[PDB]
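Co-structure: trimetrexate and Dihydrofolate reductase.
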Amino acid sequence: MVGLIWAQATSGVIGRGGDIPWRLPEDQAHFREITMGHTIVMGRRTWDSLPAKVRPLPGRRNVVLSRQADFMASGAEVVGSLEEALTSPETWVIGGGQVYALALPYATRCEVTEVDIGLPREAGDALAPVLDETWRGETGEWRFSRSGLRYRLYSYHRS
Ligand SMILES: NC(=O)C1=CN([C@@H]2O[C@H](COP(=O)(O)OP(=O)(O)OC[C@H]3O[C@@H](n4cnc5c(N)ncnc54)[C@H](OP(=O)(O)O)[C@@H]3O)[C@@H](O)[C@H]2O)C=CC1
Ligand SMILES: COc1cc(NCc2ccc3[nH+]c(N)nc(N)c3c2C)cc(OC)c1OC
(Lines of atoms letter the chains of each structure in order from A and count residues from 1; the text may use other names and numbers.)
(Lines give C-alpha, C1' and ligand atoms only; values in the text may rest on other atoms or scores of the structure.)
(Ligands and ions follow the chains in the order given, each with its own letter.)
Protein backbone atom coordinates (compact mmCIF):
# COMPACT_ATOMS: atom_id res chain seq x y z
CA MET A 1 0.00 0.00 0.00
CA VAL A 2 1.19 3.51 -0.82
CA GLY A 3 -0.55 6.42 0.84
CA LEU A 4 -0.31 10.14 0.22
CA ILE A 5 -0.95 12.56 3.05
CA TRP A 6 -0.90 16.35 2.96
CA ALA A 7 -2.49 19.52 4.22
CA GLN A 8 -3.64 22.10 1.70
CA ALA A 9 -5.26 25.47 1.54
CA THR A 10 -8.64 25.20 -0.22
CA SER A 11 -6.84 26.38 -3.42
CA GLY A 12 -4.43 23.41 -3.43
CA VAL A 13 -1.42 25.30 -2.11
CA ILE A 14 0.59 23.17 0.36
CA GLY A 15 3.81 25.18 0.47
CA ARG A 16 5.37 28.52 -0.43
CA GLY A 17 8.82 29.98 0.19
CA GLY A 18 10.03 26.55 1.33
CA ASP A 19 7.53 26.50 4.18
CA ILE A 20 3.88 25.95 4.84
CA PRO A 21 1.76 29.10 4.81
CA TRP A 22 -0.10 28.30 8.07
CA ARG A 23 0.19 26.61 11.43
CA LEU A 24 -2.43 24.07 12.33
CA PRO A 25 -1.38 21.96 15.33
CA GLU A 26 -4.45 19.79 14.94
CA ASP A 27 -3.08 18.90 11.52
CA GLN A 28 0.38 18.03 12.91
CA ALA A 29 -1.42 15.70 15.32
CA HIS A 30 -3.33 14.09 12.50
CA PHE A 31 -0.19 13.74 10.38
CA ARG A 32 1.66 12.23 13.35
CA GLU A 33 -1.20 9.90 14.15
CA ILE A 34 -1.39 8.50 10.61
CA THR A 35 2.35 8.14 9.85
CA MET A 36 3.65 7.05 13.26
CA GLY A 37 5.39 3.68 13.04
CA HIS A 38 5.45 3.69 9.25
CA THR A 39 7.86 4.37 6.46
CA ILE A 40 7.62 7.95 5.20
CA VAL A 41 8.86 9.19 1.83
CA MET A 42 9.60 12.89 1.28
CA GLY A 43 11.29 15.11 -1.25
CA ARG A 44 14.67 16.59 -0.43
CA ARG A 45 12.97 19.99 -0.18
CA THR A 46 10.48 18.71 2.38
CA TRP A 47 13.36 17.28 4.39
CA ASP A 48 15.10 20.65 4.28
CA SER A 49 11.78 22.34 5.17
CA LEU A 50 11.49 20.28 8.36
CA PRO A 51 12.35 22.18 11.51
CA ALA A 52 15.62 20.73 12.78
CA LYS A 53 14.07 19.19 15.91
CA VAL A 54 11.64 16.95 13.98
CA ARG A 55 14.10 15.56 11.44
CA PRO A 56 14.28 12.78 11.03
CA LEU A 57 10.57 12.46 11.87
CA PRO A 58 10.65 10.53 15.14
CA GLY A 59 9.11 7.08 15.11
CA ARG A 60 8.99 6.75 11.35
CA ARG A 61 11.45 5.24 8.92
CA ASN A 62 12.55 8.37 7.00
CA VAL A 63 13.20 8.06 3.26
CA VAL A 64 14.27 11.13 1.26
CA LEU A 65 14.27 11.37 -2.53
CA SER A 66 17.17 13.36 -3.93
CA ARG A 67 19.01 13.37 -7.22
CA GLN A 68 22.05 14.85 -5.50
CA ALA A 69 24.58 12.06 -4.92
CA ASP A 70 26.50 13.81 -2.15
CA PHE A 71 23.20 14.48 -0.36
CA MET A 72 23.15 13.25 3.24
CA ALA A 73 20.07 13.31 5.45
CA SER A 74 21.19 12.25 8.88
CA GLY A 75 18.93 9.52 10.24
CA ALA A 76 17.18 8.93 6.94
CA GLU A 77 17.65 6.85 3.82
CA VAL A 78 18.57 8.95 0.81
CA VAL A 79 17.43 7.39 -2.48
CA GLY A 80 17.63 8.43 -6.12
CA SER A 81 14.21 7.23 -7.28
CA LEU A 82 10.64 6.54 -6.12
CA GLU A 83 10.93 2.85 -6.91
CA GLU A 84 13.79 2.40 -4.46
CA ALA A 85 11.79 4.53 -2.02
CA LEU A 86 8.54 2.51 -2.26
CA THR A 87 10.07 -0.70 -0.93
CA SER A 88 7.98 -0.88 2.29
CA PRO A 89 4.55 -2.64 2.35
CA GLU A 90 2.88 0.45 3.76
CA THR A 91 4.55 3.70 2.83
CA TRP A 92 3.15 7.14 3.50
CA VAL A 93 4.30 9.74 0.97
CA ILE A 94 4.37 12.96 3.01
CA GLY A 95 6.64 14.84 0.92
CA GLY A 96 6.41 17.72 -1.44
CA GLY A 97 4.39 18.83 -4.40
CA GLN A 98 6.92 17.31 -6.80
CA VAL A 99 6.83 14.02 -4.93
CA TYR A 100 3.05 13.64 -4.61
CA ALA A 101 2.88 13.91 -8.39
CA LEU A 102 5.50 11.13 -8.87
CA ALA A 103 3.94 8.96 -6.19
CA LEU A 104 0.35 9.48 -7.32
CA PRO A 105 0.10 6.71 -9.90
CA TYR A 106 1.13 4.19 -7.22
CA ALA A 107 -1.03 5.41 -4.32
CA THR A 108 -4.26 3.83 -3.13
CA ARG A 109 -4.95 6.12 -0.18
CA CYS A 110 -4.75 9.86 0.43
CA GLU A 111 -5.31 11.73 3.65
CA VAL A 112 -5.95 15.40 3.06
CA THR A 113 -6.39 18.18 5.53
CA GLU A 114 -8.11 21.16 4.03
CA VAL A 115 -7.34 24.46 5.69
CA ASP A 116 -9.88 27.24 5.21
CA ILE A 117 -7.53 29.97 4.05
CA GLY A 118 -7.79 31.95 0.84
CA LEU A 119 -4.45 31.66 -0.85
CA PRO A 120 -4.23 31.95 -4.61
CA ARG A 121 -2.12 29.29 -6.38
CA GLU A 122 1.12 30.91 -7.50
CA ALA A 123 4.05 29.93 -9.75
CA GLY A 124 6.49 28.12 -7.45
CA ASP A 125 3.84 27.02 -4.93
CA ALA A 126 4.01 23.38 -3.89
CA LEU A 127 0.56 22.16 -4.80
CA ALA A 128 -1.66 19.25 -3.96
CA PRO A 129 -2.21 16.63 -6.70
CA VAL A 130 -5.58 16.36 -8.40
CA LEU A 131 -7.46 13.11 -7.74
CA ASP A 132 -9.19 11.85 -10.85
CA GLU A 133 -12.35 9.78 -11.15
CA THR A 134 -10.54 6.59 -10.14
CA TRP A 135 -10.70 7.82 -6.52
CA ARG A 136 -13.49 7.64 -3.91
CA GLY A 137 -13.61 10.28 -1.24
CA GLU A 138 -15.05 10.65 2.22
CA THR A 139 -15.39 14.23 3.38
CA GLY A 140 -15.23 15.17 7.03
CA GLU A 141 -16.93 18.14 8.64
CA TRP A 142 -15.49 21.59 9.12
CA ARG A 143 -13.88 22.15 12.49
CA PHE A 144 -12.26 25.09 14.22
CA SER A 145 -8.64 24.87 15.26
CA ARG A 146 -7.89 26.07 18.76
CA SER A 147 -6.29 28.81 16.68
CA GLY A 148 -9.50 29.70 14.87
CA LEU A 149 -8.37 28.17 11.60
CA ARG A 150 -11.26 26.25 10.11
CA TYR A 151 -10.16 22.91 8.61
CA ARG A 152 -11.58 19.58 7.50
CA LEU A 153 -10.40 16.11 6.68
CA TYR A 154 -10.87 14.02 3.56
CA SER A 155 -9.96 10.36 3.14
CA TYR A 156 -9.53 8.92 -0.31
CA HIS A 157 -9.03 5.39 -1.52
CA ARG A 158 -9.19 3.41 -4.77
CA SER A 159 -8.69 -0.07 -6.21
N1 LIG B 1 1.22 21.23 3.70
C2 LIG B 1 1.80 19.91 3.54
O3 LIG B 1 1.15 18.94 3.70
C4 LIG B 1 3.05 19.78 2.66
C5 LIG B 1 3.84 21.02 2.96
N6 LIG B 1 5.11 20.95 2.25
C7 LIG B 1 5.78 22.02 1.53
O8 LIG B 1 5.98 21.63 0.15
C9 LIG B 1 7.26 22.24 -0.27
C10 LIG B 1 8.25 21.14 -0.67
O11 LIG B 1 7.66 20.57 -1.80
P12 LIG B 1 8.40 20.77 -3.27
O13 LIG B 1 8.90 22.33 -3.40
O14 LIG B 1 7.53 20.33 -4.35
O15 LIG B 1 9.74 19.84 -3.18
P16 LIG B 1 9.61 18.25 -2.79
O17 LIG B 1 9.48 18.01 -1.35
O18 LIG B 1 8.51 17.49 -3.72
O19 LIG B 1 11.11 17.74 -3.22
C20 LIG B 1 11.69 18.27 -4.38
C21 LIG B 1 13.01 17.51 -4.44
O22 LIG B 1 12.69 16.09 -4.40
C23 LIG B 1 13.65 15.41 -5.24
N24 LIG B 1 12.95 14.70 -6.28
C25 LIG B 1 11.92 15.27 -7.16
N26 LIG B 1 11.41 14.16 -7.92
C27 LIG B 1 12.50 13.18 -8.02
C28 LIG B 1 12.75 12.00 -8.91
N29 LIG B 1 11.81 11.69 -9.96
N30 LIG B 1 13.95 11.20 -8.74
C31 LIG B 1 14.95 11.57 -7.66
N32 LIG B 1 14.70 12.75 -6.77
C33 LIG B 1 13.49 13.54 -6.96
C34 LIG B 1 14.59 16.47 -5.81
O35 LIG B 1 15.62 16.50 -4.84
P36 LIG B 1 17.08 17.20 -5.14
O37 LIG B 1 16.82 18.76 -5.55
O38 LIG B 1 18.00 17.17 -3.77
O39 LIG B 1 17.71 16.42 -6.20
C40 LIG B 1 13.75 17.71 -5.76
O41 LIG B 1 14.54 18.85 -5.57
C42 LIG B 1 7.81 23.00 0.92
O43 LIG B 1 7.30 24.29 0.82
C44 LIG B 1 7.16 22.34 2.10
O45 LIG B 1 7.10 23.22 3.20
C46 LIG B 1 6.02 19.84 2.45
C47 LIG B 1 5.32 18.50 2.61
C48 LIG B 1 3.85 18.52 3.03
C1 LIG C 1 7.19 24.56 10.42
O2 LIG C 1 6.93 23.57 11.39
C3 LIG C 1 6.70 22.26 10.96
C4 LIG C 1 6.66 22.02 9.45
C5 LIG C 1 6.43 20.60 8.90
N6 LIG C 1 6.39 20.37 7.48
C7 LIG C 1 6.15 19.06 7.00
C8 LIG C 1 4.65 18.76 7.10
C9 LIG C 1 3.75 19.67 7.93
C10 LIG C 1 2.23 19.40 8.01
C11 LIG C 1 1.64 18.18 7.23
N12 LIG C 1 0.20 17.92 7.31
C13 LIG C 1 -0.41 16.76 6.59
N14 LIG C 1 -1.82 16.47 6.73
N15 LIG C 1 0.47 15.85 5.75
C16 LIG C 1 1.89 16.09 5.65
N17 LIG C 1 2.65 15.24 4.78
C18 LIG C 1 2.52 17.28 6.41
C19 LIG C 1 4.06 17.56 6.34
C20 LIG C 1 5.00 16.63 5.55
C21 LIG C 1 6.24 19.43 9.87
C22 LIG C 1 6.27 19.68 11.38
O23 LIG C 1 6.10 18.58 12.23
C24 LIG C 1 5.64 17.37 11.66
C25 LIG C 1 6.50 21.08 11.94
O26 LIG C 1 6.51 21.28 13.33
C27 LIG C 1 5.94 20.32 14.18
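Heads up, chain A uses the PDB entry numbers, so what you see runs 1-159. In listed order, ligands and their atoms are each counted from 1. Structure determined by X-ray crystallography, 2.3 Å.
Here, the model contains trimetrexate as ligand 2. In terms of protein heavy atoms, atom 2 (O) of trimetrexate (ligand 2) is closest to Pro51 CG, 3.2 Å. Taking atom 11 (C) of trimetrexate (ligand 2) as the reference point, the nearest protein heavy-atom neighbour is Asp27 OD2, 3.5 Å. With distances taken over non-hydrogen atoms, the option nearest atom 22 (C) of trimetrexate (ligand 2) out of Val54, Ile5, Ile14 is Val54. Of the residues that UniProt lists as binding substrate in chain A, those with a heavy atom under 4.0 Å from trimetrexate (ligand 2) are the following: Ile5, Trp6, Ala7, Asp27, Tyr100, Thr113. Looking at chain A, most residues touching trimetrexate (ligand 2) fall inside the UniProt domain dhfr. Geometrically, trimetrexate (ligand 2) and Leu57 share no nitrogen or oxygen pair separated by less than 3.5 Å. Distances from trimetrexate (ligand 2) to the non-hydrogen atoms of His30 include no value under 4.0 Å.
For trimetrexate (ligand 2), none of its N or O atoms has an N or O atom of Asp19 under 3.5 Å away. Under a heavy-atom cut-off of 4.0 Å from trimetrexate (ligand 2), the UniProt NADP(+)-binding residues of chain A that qualify: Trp6, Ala7, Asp19, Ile94. Residue contacts with trimetrexate (ligand 2) leave out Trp47, since none of its heavy atoms falls under 4.0 Å from the ligand. Here the protein heavy atom with the shortest distance to atom 18 (C) of trimetrexate (ligand 2) is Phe31 CD1, 3.8 Å. Remark: minimum distance from atom 15 (N) of trimetrexate (ligand 2) to any protein heavy atom is reached at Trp6 CA, 3.2 Å.
Checked against a 3.5 angstrom limit, the closest N/O atoms of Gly95 and trimetrexate (ligand 2) fall outside it.
With respect to atom 6 (N) of trimetrexate (ligand 2), the closest heavy atom belonging to the protein is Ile20 CD1, 3.5 Å. In the entry as deposited, no covalent bond from trimetrexate (ligand 2) to a chain appears. When hydrogens are left out, the protein atom nearest atom 21 (C) of trimetrexate (ligand 2) is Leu50 CD2, 4.0 Å; that is the closest non-hydrogen contact. The shell of residues around trimetrexate (ligand 2) (heavy atoms under 4.0 Å) is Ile5, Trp6, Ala7, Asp19, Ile20, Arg23, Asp27, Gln28, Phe31, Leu50, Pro51, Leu57, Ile94, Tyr100, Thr113.
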